[PDB]
Structure formats: structure tokens, C-alpha cells
Undergrad: 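My structure is below; once you've seen it, I'll send some questions.
The sequence lines are taken in order and lettered A, B, and onward as chains. Per the PDB entry, chain A residues shown: 3-180, 192-521, in order. The residues of chain B that appear here are 3-180, 192-521 by the PDB entry count, in order. We read in the header that X-ray crystallography, 3.2 Å was used to get this structure. In listed order, ligands and their atoms are each counted from 1.
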Protein chains: 2
Amino acid sequence: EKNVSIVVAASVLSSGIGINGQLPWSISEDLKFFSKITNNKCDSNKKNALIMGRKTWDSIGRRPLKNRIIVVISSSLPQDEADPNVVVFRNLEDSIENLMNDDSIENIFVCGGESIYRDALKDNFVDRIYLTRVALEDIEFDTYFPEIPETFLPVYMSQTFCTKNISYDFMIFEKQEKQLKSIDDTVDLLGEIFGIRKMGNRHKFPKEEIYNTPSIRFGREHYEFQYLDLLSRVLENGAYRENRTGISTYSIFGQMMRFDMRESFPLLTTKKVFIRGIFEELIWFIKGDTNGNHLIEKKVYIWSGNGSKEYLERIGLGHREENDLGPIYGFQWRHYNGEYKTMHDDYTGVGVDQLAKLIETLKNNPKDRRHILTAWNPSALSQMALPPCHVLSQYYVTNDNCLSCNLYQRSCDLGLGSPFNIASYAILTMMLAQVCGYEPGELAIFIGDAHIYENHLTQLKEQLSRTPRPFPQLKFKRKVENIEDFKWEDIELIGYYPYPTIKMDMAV
Amino acid sequence: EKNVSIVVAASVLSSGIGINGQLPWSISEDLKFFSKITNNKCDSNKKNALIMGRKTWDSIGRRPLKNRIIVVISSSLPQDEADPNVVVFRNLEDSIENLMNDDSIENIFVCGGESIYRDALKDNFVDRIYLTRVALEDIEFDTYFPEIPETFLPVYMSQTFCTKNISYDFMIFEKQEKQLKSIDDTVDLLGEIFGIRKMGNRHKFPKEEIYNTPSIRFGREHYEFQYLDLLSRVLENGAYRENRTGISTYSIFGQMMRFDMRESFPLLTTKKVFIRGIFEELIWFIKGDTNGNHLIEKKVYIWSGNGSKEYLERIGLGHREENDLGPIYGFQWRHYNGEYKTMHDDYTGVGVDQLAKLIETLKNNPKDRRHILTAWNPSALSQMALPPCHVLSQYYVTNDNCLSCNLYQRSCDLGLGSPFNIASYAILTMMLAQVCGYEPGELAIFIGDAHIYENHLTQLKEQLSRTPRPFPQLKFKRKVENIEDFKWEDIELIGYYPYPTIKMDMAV
Ligand SMILES: NC(=O)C1=CN([C@@H]2O[C@H](COP(=O)(O)OP(=O)(O)OC[C@H]3O[C@@H](n4cnc5c(N)ncnc54)[C@H](OP(=O)(O)O)[C@@H]3O)[C@@H](O)[C@H]2O)C=CC1
Ligand SMILES: NC(=O)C1=CN([C@@H]2O[C@H](COP(=O)(O)OP(=O)(O)OC[C@H]3O[C@@H](n4cnc5c(N)ncnc54)[C@H](OP(=O)(O)O)[C@@H]3O)[C@@H](O)[C@H]2O)C=CC1
Ligand SMILES: C#CCN(Cc1ccc2[nH]c(N)nc(=O)c2c1)c1ccc(C(=O)N[C@@H](CCC(=O)O)C(=O)O)cc1
Ligand SMILES: C#CCN(Cc1ccc2[nH]c(N)nc(=O)c2c1)c1ccc(C(=O)N[C@@H](CCC(=O)O)C(=O)O)cc1
Ligand SMILES: Nc1nc(=O)c2c([nH]1)NCC(CNc1ccc(C(=O)N[C@@H](CCC(=O)O)C(=O)O)cc1)=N2
Ligand SMILES: Nc1nc(=O)c2c([nH]1)NCC(CNc1ccc(C(=O)N[C@@H](CCC(=O)O)C(=O)O)cc1)=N2
Ligand SMILES: O=c1ccn([C@H]2C[C@H](O)[C@@H](COP(=O)(O)O)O2)c(=O)[nH]1
Ligand SMILES: O=c1ccn([C@H]2C[C@H](O)[C@@H](COP(=O)(O)O)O2)c(=O)[nH]1
């Protein structure tokens, strides 16, 4: 037997791979990959064979590839005994005698051409596939990688990467057909004896019917699986509970998520997110605004519910204006400990400006361990339309001049609250970094009460039924002098190709 | 071939298994385990031989064990053809023949007894060794397990369990002799290509030279490993960097640790922990004290350093008395936003009782998601001997009436700070529970700057060279009617057997 792997790079949505004999994009790390993969081998005294269509041979330059043997499939091309590091065959099946001898060849890579992929697949010759998904999708194509036959299952998806503002993943479908017992069993037994008494059982591993792309067992790199998995994790152990809202949830306590911000922008793809809204709110915070209306005007309604005459009236703040939200986030960011009257007053100069002292210590003293911004002020709470969920964040300058962020969130609405929460604090960290001359670090969100509203069940289950695409890229069209200066227009969202929106009602 | 595992239960410290023919303790769950392991089989038509020395046969009642076959090793016992579930052999080596036929016997267990254990081992008959460590060392024994030969390596260790106040582990030692590549390779490659651009590379798996009990790969269940590893994980990616003191540290950002409290007390065993200090400080906080003297008088000198006049002066608080630390934790706990004057004043009635409320909230509103207690108050930081390190915590009542805790720490000194932070916060929860009538739940700790001070390495290296023993148990001797009434006398620390104490100087 001998191994056969396809190696290709297609657009994320339509699988385009070619245009007028050329690749539709130029990503050097990808070829660097293609090289490393096609070339990796055990027997130093052996070489890998890369089968490829002629039309490709032409694009390749009709010149050999170092250390390897090119194998062209053509009907006209002459079997040239001239170069020993290339050879022609009249058809794909015949070419696949590399196994049947030529014991010098260790592995075999089907190396592309729409025609040459489709056939290597139809005739069932390939075992693995090394698929590079390129985020970028709105530009003419004439060649296309086929539809990965159902006999193939994703077993790896690398983290999203970026080159020239083009995002891309490296995932490797394998075709399957067909640590020790000791430990797994000892634990299973100890699991029966002791019951809920063994913490292990309090945290059970999600069932496959609620696991997103369950075929990807050991290589869930893509940091979207940090949320899709927390999702499925409460869906498994979430304990049913009532709460103030009137809509019971399923909740565990003490979770964590992570995100890379260097090569991508953790805007979920398994569902189309309201990015603009996410923004107009985050800026609303930075400005230190608390007038719910200033968002209704830019057509953002995330803060109507917890805002209204009726709700207000109901929680003890009916003395409040239709939409005066009291000293919520922002007022606490820009005016800590300020004596709040109404959303109409001029609060300038009152209260501690955390945000400001933050930027200031950020750039003046980087390795300081007190880059904290908080929103939990006991003295205030009762006046707020709702207490702080993202309660306190802490910011951290790496040695390589990168800004990392840590957020604690007491109550996380995995359905509606989180997607926004992950994005927002990404963006705020970038703005923060751009203003202090540093670049995106990482993102860690620590949740206390991670829950799912019972009326978000059929939805989150669909979302979990979608395989993650590459995270897009977020860019600022200009550098600003003051952090409170950004505008929606100053933002470039590049390469966002999410699944359609999933409608979910809010639990007021 | 055919497997031969040793099953035994010995005291943590001296491996005591015997006393006047009786097990020196009675733990049903342990026996339950034994029954489960010696019955674990694959072929419904086969059985497992359990080998024991006569002396044990006697202790077990000379009655057969359901579903298994007992093999007694004795010189005088007759070869009674009477029972078909029991049989006698003259010498161990003999016996084990078993094997050399009886395709009926699927697995073999040496159910032990000092004389047989020793001999079973010396002649290299045993493949595995299931060992139940029992946290009670201070009783007289007369029979011991032998010393596990070097040829054996621990591959698993269970979390600590508790029965009748007795703490114990379940671990399994395997004997050494001699994922799917495709991924570990595609990931290693992308690792070369991309560099520190691939997040995975900024988080690198610790090297064996610094990994605790590295033989335990997939079975690191003990929750001492939640800290022992965080340690070995900065020791790997720890970015060297300066800070306000003369001692620099190696740090990473965004780490997490988990601890059970339902069956144990996360007191580090790898080294002897000042527990009485951890306490006195906590009770100090609870009372809402800020006079660092009160700790000195009780022979607790942790707040000496950050309290000296030479220090207070150094940070611009020279107007402060010898040890008035200011509105640090406790004043923030019991008097949030209180206008701090001196440590001798009467703050009763001033500020916000967070603790007070936290309690009335835990009792009257459990499912409430705003169970929160903060110490980070922007307005007070300035006049604060040292800013808040355990910055905020959130508490959580399970559906089965257990109290859980979550802590965000902005700056964690894994050398000295963390250890205390883990305990001091176990305890506080347990206390809160005994006062709201709940039982301990889980404890999670989300860290920010996780660092090591560069003058702790030789120490933490030592600590790390030690195999963690089972966690102790901590119970209260009386039910206080008011949280602040607790006293050290009230604490019972049962089953603590930590390795020698490790000296480490603090960085003022
Ligand atoms: N994203 C990726 O990984 C890759 C993308 N691409 C893109 O796709 C394009 C290549 O696709 P495509 O144009 O289909 O070229 P192909 O890779 O399909 O090459 C097919 C060539 O092989 C010969 N051939 C086809 N069938 C047979 C047969 N049965 N027997 C003998 N010879 C045969 C043909 O020449 P003849 O008429 O002489 O038989 C033809 O020129 C390129 O433009 C490139 O941009 C290419 C490779 C990889
Ligand atoms: N904690 C735990 O998991 C366990 C603890 N224990 C404790 O340890 C003690 C074990 O008893 P101990 O006497 O030390 O050992 P055992 O009782 O296991 O075995 C000794 C008996 O086995 C026979 N025997 C063993 N080896 C030989 C041999 N080579 N040739 C002939 N006969 C042999 C002897 O019979 P004879 O003298 O007639 O030749 C002797 O009576 C028990 O008292 C028990 O309390 C026991 C099992 C498990
Ligand atoms: C988190 C957070 C901040 N907030 C503030 C906020 C206020 C009250 C809340 N109440 C409850 N029960 N859960 C919340 O998440 C929540 C969040 C948000 C509020 C609403 C939406 C929301 O309804 N999003 C919908 C609407 C999208 C659209 O308008 O097109 C969505 O599908 O994303 C998002 C964020
Ligand atoms: C954490 C925390 C609270 N605190 C307060 C506190 C204040 C400033 C700090 N500063 C730094 N750099 N690290 C700290 O751990 C630290 C801790 C502690 C302070 C000291 C010790 C300490 O010296 N422990 C020694 C002493 C043991 C003994 O003599 O009994 C130890 O080995 O355990 C522990 C806790
Ligand atoms: N995954 C993948 N990515 C691609 O860009 C790609 C692909 N597969 N399959 C075919 C193809 C088009 N043909 C070719 C032929 C040769 C090289 C090439 O440059 N090979 C060198 C790369 C060395 C480098 O880029 O540093 C090699 O090392 O083999 C690239 C594409 N391109
Ligand atoms: N590791 C270890 N732990 C033990 O507790 C232990 C051990 N090894 N080896 C021998 C032993 C004592 N042997 C036995 C044998 C039978 C019973 C019994 O009456 N019933 C069960 C024991 C546990 C249970 O109650 O289920 C049995 O297996 O026979 C008890 C102790 N106990
Ligand atoms: O930043 C935010 C805004 C609020 N919510 C969700 C969390 C809880 O579902 C919710 C309800 O409120 P509380 O009962 O926890 O206060 O709003 C978020 O998840 N994150
Ligand atoms: O609960 C505690 C008490 C303080 N420290 C240590 C952490 C740092 O070494 C120092 C905090 O000083 P800053 O550099 O973070 O301001 O004290 C702890 O680790 N944990």
C-alpha cells in the first residue's frame, strides 16, 4: 500500500481554484505550506510523486520541483526520457502504479487541476485531502475543486491566518471506512461508584449530536470552536433554572474562551452577526453615553427592552425618562463614582475617567500589572437599568508590542450576549492598541454563569450544525488622534462570509 | 499472554496495609472499587483469578467472591476439590501457570497481602498496579505494601475523594519495557511556516524537564495539577520582564485553575503551606480590618513588607502610621466607598457592606446571577498600600444547594501569592456556605498576569519534582451564627501530609 493525498486551495464558498491558468490570489505562506507538505517524508532515500494535470504543468512553468518528482497526465505531451524528475502518463489510473513498484516513491500527492481532481476522486484513488480555504470569494473563476465526497470527514481545521488581508484556514479531510483501555475504564468505574461526587461527572463531554463537526476530534484549532464548544458544553450539562427574565435557562458556572486577534477577528461565521450594531454600541460606551435613544437613532435596538417606560417602571426606575439607562457601562468607564442625575446632564469633569488613565498607563507604563477597567460599582447598581455583565477587563502589553485582553463576565447570554461580547472587546482592544502604538494580542473571556435561554434551543442547535469558515479581518481606514473619534465608516470588514442570520428573541 | 494487575490500598506515607489481620480503615467506596476492578472483563464466558495469601484468605472469611475465582497460595491448606470458585496452589510461580492454560481465566489480579505482594513483584509477574492511597498515616500497622520498583511508572491519579473524613486517591502504575501523525505533522509544519504568528506557538507544551510526574499523560486528574501545571506552563512560555520590584518575573497572560471542594480542600500537598496564616488573614478581611498590626500580634507576618514605614513613605503614604495599610481588601469588602481616614477610626455604618449583602443575597435569592464581591475601587487605589490582586469574585448556588466560587486575579505570584489565594478562597466559600446553609461547590480561578519571580526558580523546580499526595479535608468544629465569629480554633484540618516546607522570599 501507498498513501495518496490531494492538496488544493479553494475559495471558502464556491471552491474556485483557478483563473486563466493562474491562481486567483497570491499567498506565499500557502505555497510554503504546499511545499512542506508535498515534500515531507520518512525514507530520505525515497521521493514523493506529485500527479498533476497538464494545464497545471503549464502554469507550474514546465520546470521541475526541488527534491520531488512531477508526474504529468497528458495525451499529447511526449514521454520525455530527458528529465528523470518528471514523467508523462496517458491517464490517471495508469500513473497510479507508483504503488505497484517504483518502491523509491514513498507517498503520492494528487496535485491538481479541476479535471485531475474530479477524476482522482470519482475513481476513488485518494485517502486524504489537504484543503486550504481562502476567505476571498467575490472575483471571477473558471476552474473549481469538486464537492468532497461524503466518504470524507474533516479531522482538522487550523486557526484562521492572514496574508495581504486575506484570511484562510488549513483543514485536512480524511477518508475513513473500516490512550489505553486501563485508564478510560478505571475512570468509568470510579465514575459509577462515586456519582455526581466526582467532579469529572459534573463536567461531561458533549454528546456527538450537539458537537459541532464531531469528526474533528483532535485538531479543533479554529478558535471559533471556543464558543461553539462552550455552547455544546452547557447544552450537555446546563442545569435548568428560572431567573428574573421569566425565560428559564440552562447554565453552568465558570467557563472560559480564547481568541487570537493577530491573524483574524473573532466575528462568528456560523451565524451572520450584527457587527455594525456591535460597534455603534461600543463607541457609545467609549463616549461615556447613557442615553438609550442615541442608539435607536443609528437604528440599533439592542437596548430598547431593558430601556422602556414599562420595564423601567417595573424595576423601580419609573422616575426615569423613557430611555434614560442610568449610570451603566460607559458612565462607569468615563465617570466612575459620579453622582448621576439624568442622561441629559453634562457629566464632564465628574467621576474617575478610567478609560483615560488606562490609555495613559498603557503607553506610559506597559509592563504595569494594573491595566484594569471596571464597571462594577456597588454604590451605583440600584440606579442602573441593568448591572454589568462584562464586569471587569484587564489589559496586558506583550514583549513583542501586542495588547492582550482579559474579560470577566458574570452572566453570559451564550445565545445573544456573547457573539456581541467577543467582538466588542476585540475591537476595543484594537482601538486601544492603535491609539497606544501596539497591535492586537489575544482575547480571553472568563464567564461565571454561562447560560442558554430555553427559547434559543432550536436555533443554537442549528448553529451547531454548521461547519465554521475562516474568521474575517477588521481594519481601520485611518489612524485617529482620540479613541472617542472612531466612526462606522473608519471600519473595513474584510472577508466575512457567514451563514445566514439566526433569529433569536431577547429575554427582557 | 494475559494481564496481571496488583490491587492494593496503602497509607499515603509509609504504605501501611495491615493491622492484626484487619484493614487499618474501612472505606466502602474503596472496596466497591476493588469489586469493580477485579470483575472488569470482556468475555462473558471467562472469569478473573484473584490471587491471595492464606493470611488474607482468612481475613476475607474463607468464602468465595461472587463471579470471580480465588486462588490461595498456602503451604498447609488442603487442595479441596470441594469449591469450584476457589483453589489452592503451593507456590506463587506455580499458580500463574493460570495463564499457561485455563483459557477460561481472562485476567489475573494479585489481591495481595504483604508476603504475596513482595514475591509477586520480585519475580516480575505483575504488569499493572492499581493503588489506592489513603490519607491517614498516624496509626500503627503491622503489614506494608512493598516499595513500587523503578520499573513501574504512574500513568494516572484520580482526584482526591473523601469518606468519613478520610481523604484518598486512586492511581494506577504501569510497567515500562520498550492522535494521527497526519495532524501532529500538518500542525508542526504550519508551525515552522508561520512562527509566533500561530497562536499555538505562543502557548507551547511544557518540556518534560519541567513537567510534574510526566509519566502521567492522559490521566492527570488530581487537582493539584491545576496549579502544578500552570507553573510548568510559565516556566515554558514565561516572558522575562521587569516590574515595580527589584525582582523580575517570567509571566504569561490569561491562565485558569479548577478545584474541587465537595470531597477535598485544595491545600497544596507538594509543599507545607502556612494554613494558619491563610486563615487569620481571611478572617481579618471578613471583619473589615485594615490595621496590619493585628496580623503581626498573631504571628502572621505576610503584610510586614508592604507595611513598613520605609515602604509606606516610598509610595507617598508616609503620613500613614506604621502599619495602617489603608482601604485595602476588607474595608472594600465591608465598607465600599467609605471615606478612609485612619485604621483606628469607627467605620461602623459607613460605606457599603458588600459581604453583608452578598450573604443576604445568597440566602434569599440563589438563582440570582449578581452574586458578586469586588475590591477594585478606582477612587481609592491611590491611598492604598497595595492595589487589589484578587480583584473580584462571583458566587453561585447549584441546583443541588452547593456553593461555587470564581475569582479573577489581576496579578498572581505563583510562588507565594497563588497558594494562599487558592486556600483563602476555598475557606471563605466554605464559610459563606455554612452560613447560608449550603455545601461547598467548586472553585475556579481566572488569572491575568500569571508570573514567577526570578528568585523562586530553584525552589519551584524542587516543588515540581514532587509527586502530589491526596488533598486534606477541612471541617469546622462549630456552626457560627455570624460569619465573623469564626476563629482558628474552630478549624479541623484532617489528613494533611505535605512534603517538606520550601523557603521563598517575598518581593516587596
Ligand atoms: N487551488 C489549487 O490547489 C489548484 C488550482 N489550480 C487551478 O486550476 C487550473 C487547472 O485546472 P485545469 O485547467 O482543469 O487543468 P488540469 O489540472 O485539469 O489538467 C488537465 C490536463 O491534463 C490532460 N488530460 C486531461 N485528461 C486526460 C486524460 N484522460 N488522459 C491524458 N491526459 C489528460 C489535458 O491535456 P491533453 O488535452 O493533452 O490531454 C489537460 O491539459 C489552473 O489554472 C490553476 O489555476 C490548479 C492546481 C491546484
Ligand atoms: N490494604 C490492602 O489492600 C490489603 C491489606 N492486606 C493486609 O495485609 C495482610 C496480608 O497478610 P500477610 O500474611 O502479610 O500476607 P498474605 O496473608 O497475603 O499471605 C500469607 C499467606 O499465604 C501463604 N503463602 C504466601 N506465600 C507463600 C509461599 N511462597 N509458599 C507457601 N505459602 C505461601 C502462607 O501460607 P502458609 O503460612 O500456610 O504457608 C501465608 O499464610 C493482611 O493481614 C491484611 O490485613 C491484605 C490484602 C490487601
Ligand atoms: C450582548 C450584548 C449587548 N446587549 C445588551 C443586552 C440587553 C439585555 C439583554 N437581555 C438578555 N436577556 N440577554 C442579553 O443578551 C441582553 C443584552 C444586546 C442586547 C440585544 C441584542 C440582540 O437582540 N441581538 C440580536 C439582534 C440583531 C439585530 O438587530 O439584527 C441578534 O440577533 O444579534 C444583542 C446585544
Ligand atoms: C498570597 C498572598 C497574601 N500575601 C500578601 C502579599 C503581599 C505582597 C506580595 N508581593 C509579591 N511579590 N508576592 C506575594 O505573594 C505577595 C503577597 C502573602 C504575603 C507573603 C506570603 C509569604 O511570605 N509566604 C511564605 C511564608 C511562609 C511562612 O513563613 O509561614 C510562604 O512560604 O508561604 C504569603 C502571602
Ligand atoms: N495548497 C495548494 N496551494 C497552491 O497554491 C497550489 C496547490 N495547492 N496546488 C497546485 C498549485 C499550482 N501549481 C503550483 C506549482 C508549483 C508551486 C510552487 O511554487 N512550488 C514550490 C513552492 C516554493 C515556495 O513557494 O517557496 C515548491 O516548493 O514545491 C505552486 C503551485 N498551487
Ligand atoms: N486496592 C485494594 N483496595 C482494597 O480495598 C482491597 C484490596 N486492594 N485488596 C483486598 C481487599 C480486601 N478483600 C475483600 C474481598 C471481598 C470483600 C467483600 O466482602 N466484598 C467485595 C469487597 C468490596 C465490596 O464490598 O464490594 C469483594 O470484592 O469481595 C471485601 C474485601 N481490599
Ligand atoms: O454584556 C452582556 C449584556 C447582558 N448579557 C445577558 C446575560 C444574561 O442573560 C442577561 C440577563 O441578566 P442578569 O439577570 O444576569 O442581570 O443578559 C450578556 O450576556 N452580556
Ligand atoms: O493575593 C495576592 C497578594 C499579592 N500578590 C502579589 C502579586 C504580585 O507579585 C504583587 C502585586 O503587585 P502589583 O505589581 O500587581 O501591583 O503581589 C499575589 O500574588 N496574590
Undergrad: State which drug is located at ligand 3.
TA: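 It's CB3717.
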Undergrad: If you rank chains by how many heavy-atom contacts each makes with CB3717 (ligand 3), which has the most, and what name does the PDB entry give it?
TA: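 The main binding partner here is Dihydrofolate reductase, DHFR.
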Undergrad: Tell me the other chains with a heavy atom below 4.0 Å from any atom of CB3717 (ligand 3).
TA: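 Counting heavy atoms only, the answer is A.
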Undergrad: State the binding site of CB3717 (ligand 3) (non-hydrogen atoms, cut-off 4.0 Å).
TA: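 At that heavy-atom cut-off, the residues are A:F287, A:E294, A:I315, A:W316, A:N319, A:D426, A:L429, A:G430, A:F433, A:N434, A:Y466, A:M519, A:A520.
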